[PDB]
S.K.: 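Please find one structure pasted underneath; my questions will follow.
For reference, chains are lettered A, B, ... following the sequence lines as listed. Here chain A follows the PDB entry, giving residues 26-268 in order. The residues of chain B that appear here are 27-277 by the PDB entry count, in order. When a ligand or atom number is given, it counts from 1 through the structure's own listing order. Determined via X-ray crystallography, 2.1 Å.
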Amino acid sequence: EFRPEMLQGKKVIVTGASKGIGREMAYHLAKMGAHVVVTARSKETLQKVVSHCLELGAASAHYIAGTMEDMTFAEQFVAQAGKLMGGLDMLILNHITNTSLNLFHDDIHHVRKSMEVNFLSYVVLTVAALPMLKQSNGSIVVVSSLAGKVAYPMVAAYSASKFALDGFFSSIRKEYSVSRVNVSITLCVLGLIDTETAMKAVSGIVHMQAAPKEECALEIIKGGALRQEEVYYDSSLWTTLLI
Amino acid sequence: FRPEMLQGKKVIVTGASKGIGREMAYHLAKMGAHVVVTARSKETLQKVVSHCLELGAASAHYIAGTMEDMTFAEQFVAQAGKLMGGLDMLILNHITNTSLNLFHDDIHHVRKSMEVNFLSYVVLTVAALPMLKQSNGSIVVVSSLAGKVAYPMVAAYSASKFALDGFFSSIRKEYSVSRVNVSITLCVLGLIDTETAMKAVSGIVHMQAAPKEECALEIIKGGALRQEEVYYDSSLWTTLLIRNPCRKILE
Ligand SMILES: NC(=O)c1ccc[n+]([C@@H]2O[C@H](COP(=O)([O-])OP(=O)(O)OC[C@H]3O[C@@H](n4cnc5c(N)ncnc54)[C@H](OP(=O)(O)O)[C@@H]3O)[C@@H](O)[C@H]2O)c1
Ligand SMILES: NC(=O)c1ccc[n+]([C@@H]2O[C@H](COP(=O)([O-])OP(=O)(O)OC[C@H]3O[C@@H](n4cnc5c(N)ncnc54)[C@H](OP(=O)(O)O)[C@@H]3O)[C@@H](O)[C@H]2O)c1
Ligand SMILES: CC1(C)[C@@H](OC(=O)CCC(=O)O)CC[C@]2(C)[C@H]3C(=O)C=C4[C@@H]5C[C@@](C)(C(=O)O)CC[C@]5(C)CC[C@@]4(C)[C@]3(C)CC[C@@H]12
Ligand SMILES: [Cl-]
Ligand SMILES: [Cl-]
């Protein structure tokens, strides 16, 4: 049974946190009394999230801006975050490269960049974070998609990258299990969440009610805190994916 | 399925210097296909080409190169096309060398696995699709039980094979609606008795490896019949559609 005090004084990194689900997550952590280090590319907007986080009562809150295309930024970012907080209890990998509904023809560039940002950078961040997570018996949260479990048209490169996440992280979870590494891995399968990005994307299709990003963010946090292997949001997916 | 379905058909096989790819090359040869085989080693490929001709291929050639080089990948399909006068089936089977190890910090390997086992396949598909569109042909993608189910020691490998499922399963859906008549077959294979695999599972407890010759054939049949997925061996579906869903729904 989750309680907010579980996050109190915890040292959390949230990526892709200038907007959408990431920013809701940071705000939730702040309200709970965690320390937070947020990142995205956009300085001014990260500062907005930081000051609001402080207002909500974050134990502490800092941003570091950069792109997750740059693997050197990824490594460095982690080193520098753990330093600001003096440690690391939870790594929330949430960011994603810009993607719209397109049929696949010849855009290998988009395919490689999707894999780099949505997947490769998650591996680099994990490798960098692992020493701190080991010492704190901490937690990794990887944010994926129903289209990382079931394939959909018009998002081939995206699905490839989200599938890759399932492939990699579930595998290292079995490895951490056999190697007695006390670091949890939570994979989040999300449906349609009402972020501006996702709603812009789906204006042209028939879909069910998008789920609120505030609640989505909360259920992610809860799942990671409780060290659940997989989180389904909205909850009615849980029945889909297992039937 | 009848062997006659492959006669005079123009087929590419990657990673055909040995293991399952070589057996597919030989089966297609016995059926009277045109084949173009590829891998890094010309001497091993020349031996495959020789035996294909003796088995009765309508024609057989190789082109040597590495699939780390996306330029080679793209130009390979073109040369293979012109050599056969066309393309009916593309069999994407190659894989970068991998051994069972705990992941620690080999980002080179994660990246190289992804370039060779997934991206090259996409480059190959892009290069081939125009010929495949003209012939209402077929793409066969060779994956793995570890491309559906979680195993330790194979993190980078699994990510790359999972990526294949995601990508090709997505474009299959696109092609159905756009009415692009190119079939996409994803093969999920268990342990197959190729030298690479047997060297890898050496001293591990396991069910008898399935024969590499029968594997190759079931792959060719699945693609020839335009099946969305092939499972080999036959025992594999009980794990995939029964055991795994239960383990999941229990946790
Ligand atoms: N919303 C949904 O319906 C939905 C569904 C399934 C899964 N998800 C997943 O949930 C997560 C967040 O989704 P969302 O809707 O919140 O997305 P979002 O609102 O578009 O936010 C994406 C975040 O990532 C950052 N970002 C983009 N490119 C970056 C780059 N190159 N380097 C570093 N940061 C970058 C963005 O900030 P900057 O632009 O300032 O860099 C932003 O903070 C993703 O993993 C997504 O796949 C969402
Ligand atoms: N055997 C199994 O139990 C098993 C199980 C599940 C899935 N599979 C899948 O089945 C497929 C074939 O497996 P296998 O056991 O037959 O493998 P294998 O005997 O080791 O053969 C691999 C082939 O790929 C080629 N290759 C390796 N690196 C290459 C590169 N950089 N560029 C171009 N070609 C390269 C090799 O030739 P060169 O070295 O001369 O380049 C060889 O022809 C793979 O997709 C594998 O994942 C196998
Ligand atoms: C099938 C439904 C409708 C949904 O279905 C349900 O929830 C119940 C069924 C229903 O509603 O009919 C489950 C999620 C989903 C499969 C959904 C998804 O997974 C991830 C994204 C991405 C979100 C985002 C922000 C990114 O992740 O970068 C931007 C790019 C991208 C690719 C845009 C499109 C959607 C929103 C995408 C594919 C649209 C279709 C959608
Ligand atoms: Cl938003
Ligand atoms: Cl062999």
S.K.: According to the PDB, which drug is present at ligand 3?
M.R.: carbenoxolone
S.K.: Just wondering - which macromolecule does carbenoxolone hug the most here, in the naming of UniProt?
M.R.: 11-beta-hydroxysteroid dehydrogenase 1
S.K.: I'm curious which other chains are hanging around carbenoxolone with a heavy atom under 4.0 Å away - can you tell me?
M.R.: A
S.K.: Give the atoms of carbenoxolone, by number and element, whose distance to some non-hydrogen atom of A:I121 is under 4.0 Å.
M.R.: 28 (O)
S.K.: Which atoms of carbenoxolone are found less than 4.0 Å from any heavy atom of A:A226?
M.R.: 33 (C)
S.K.: Return the UniProt-listed substrate-binding residues of chain A that have heavy atoms within 4.0 Å of carbenoxolone.
M.R.: A:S170
S.K.: Near A:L171, which atoms of carbenoxolone are under 4.0 Å from a heavy atom of that residue?
M.R.: 13 (C), 19 (O)
S.K.: Need the carbenoxolone atom indices (1-based, order shown) with element for anything under 4.0 Å from a heavy-atom of A:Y177.
M.R.: 1 (C), 16 (C)
S.K.: Which UniProt active-site position in chain A is nearest to carbenoxolone, and what heavy-atom distance, to 1 Å, separates the two?
M.R.: A:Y183, 3 Å
S.K.: Pick, from A:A176, A:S170, A:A236, A:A223, the option with the minimum heavy-atom distance to atom 18 (C) of carbenoxolone.
M.R.: A:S170
S.K.: Of the choices A:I46, A:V180, A:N119, which has the non-hydrogen atom that lies closest to atom 38 (C) of carbenoxolone?
M.R.: A:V180
S.K.: Which is closest to atom 6 (C) of carbenoxolone in terms of heavy atoms, A:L217, A:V231, A:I230, A:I218?
M.R.: A:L217
S.K.: Is there a polar contact between carbenoxolone and A:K187, counting only N or O atoms under 3.5 Å apart?
M.R.: no
S.K.: List every atom of carbenoxolone that sits less than 4.0 Å from any heavy atom of A:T124, numbering the atoms from 1 in the order shown and giving each element.
M.R.: 30 (C)
S.K.: Hey, could you tell me which residues sit within 4.0 Å of carbenoxolone? Heavy atoms only, please.
M.R.: A:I121, A:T124, A:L126, A:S170, A:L171, A:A172, A:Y177, A:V180, A:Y183, A:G216, A:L217, A:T222, A:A226, A:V227, A:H232, A:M233
